[PDB]
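The following structure holds methotrexate.
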Amino acid sequence: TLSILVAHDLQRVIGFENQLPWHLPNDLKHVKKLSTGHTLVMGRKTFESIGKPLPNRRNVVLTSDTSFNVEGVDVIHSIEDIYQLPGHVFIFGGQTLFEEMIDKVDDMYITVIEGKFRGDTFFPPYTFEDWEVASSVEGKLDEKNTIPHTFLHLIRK
Ligand SMILES: NC(=O)c1ccc[n+]([C@@H]2O[C@H](COP(=O)([O-])OP(=O)(O)OC[C@H]3O[C@@H](n4cnc5c(N)ncnc54)[C@H](OP(=O)(O)O)[C@@H]3O)[C@@H](O)[C@H]2O)c1
Ligand SMILES: CN(Cc1cnc2nc(N)nc(N)c2n1)c1ccc(C(=O)N[C@@H](CCC(=O)O)C(=O)O)cc1
């Protein structure tokens, strides 16, 4: 299976100045639960903003840089390489990879952040006419998670 994994706000903002505009620990645990034991594919800027590979799963970075070699990271240089990765593969970001892959993935795990943040990078527009809602779960709010959010699993019709 080839899936998108993304958190975007009410206007589809995903990032600002190579960081996330929000901090939402529940969403990072969502990422950890979905992706532990599988594969993440991310663009070079997304990788550099995380700084290190995420533990207990395969980290694949797409870059044109043939000098890229990071301990604990597999490197690919073409979109077509993604289709050779075995197992459950999550397209992890950022804007460039989401734009390149949204028409190719089987399904999307989207966290809708119910706020309007300042952004400079966006998830591409999509319509529910193309996507069935396999599940929709409101995130629980607490002291450490103060922004309303919803976990959507969307499957291509
Ligand atoms: N909210 C979320 O769910 C989420 C998730 C992830 C990231 N983000 C945010 O998204 C933003 C980054 O997005 P972005 O679009 O600027 O960057 P990005 O997609 O993370 O990385 C772009 C880079 O990926 C490489 N790349 C992409 N397509 C390629 C291809 N077809 N062939 C070879 N290399 C390719 C290139 O690297 P080279 O230039 O090295 O060749 C390109 O410069 C940040 O703000 C980050 O915080 C948000
Ligand atoms: C900046 N970044 C990219 C990022 C952030 N939120 C997302 N949220 C969703 N839904 N999808 C993504 N693609 C996504 N990507 C990050 C930053 C930190 C960690 C991280 O430390 N995750 C730990 C969990 C951290 C924790 O337990 O609090 C993990 O094991 O995956 C993940 C991605």
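Using the PDB entry numbers, chain A covers 1-157, in order. All values below were derived from every heavy atom in this structure, side-chain atoms included, with hydrogens, water molecules and symmetry-related copies excluded. Note that ligands are numbered from 1 as they come in the structure, with each ligand's atoms numbered from 1 the same way.
- Across the structure, methotrexate can be traced to ligand 2.
- The chain sharing the greatest contact count with methotrexate (ligand 2) is, according to the PDB entry, Dihydrofolate reductase.
- The closest approach between a heavy atom of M42 and any atom of methotrexate (ligand 2) is not below 4.0 Å.
- The NADP(+)-binding residues of chain A named by UniProt that have a heavy atom under 4.0 Å from methotrexate (ligand 2) are exactly: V6, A7, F92.
- Some N or O of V6 is nearer than 3.5 Å to an N or O of methotrexate (ligand 2), by distance alone.
- In this structure no covalent anchor for methotrexate (ligand 2) is modeled.
- Of the residues of chain A in contact with methotrexate (ligand 2), the majority fall within UniProt domain dhfr.
- In the deposit, the organism given as the source of chain A is Staphylococcus aureus.
- Considering backbone and side-chain N/O of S49, none are found under 3.5 Å from N/O of methotrexate (ligand 2).
- Of the residues that UniProt lists as binding substrate in chain A, those with a heavy atom under 4.0 Å from methotrexate (ligand 2) are the following: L5, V6, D27, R57, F92.
- Where the criterion is an N or O separation shorter than 3.5 Å, residue side chain and backbone included, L54 fails it with respect to methotrexate (ligand 2).
- Residues in other chains coming within 4.0 Å of methotrexate (ligand 2) by heavy atoms are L5, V6, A7, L20, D27, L28, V31, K32, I50, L54, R57, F92, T111.
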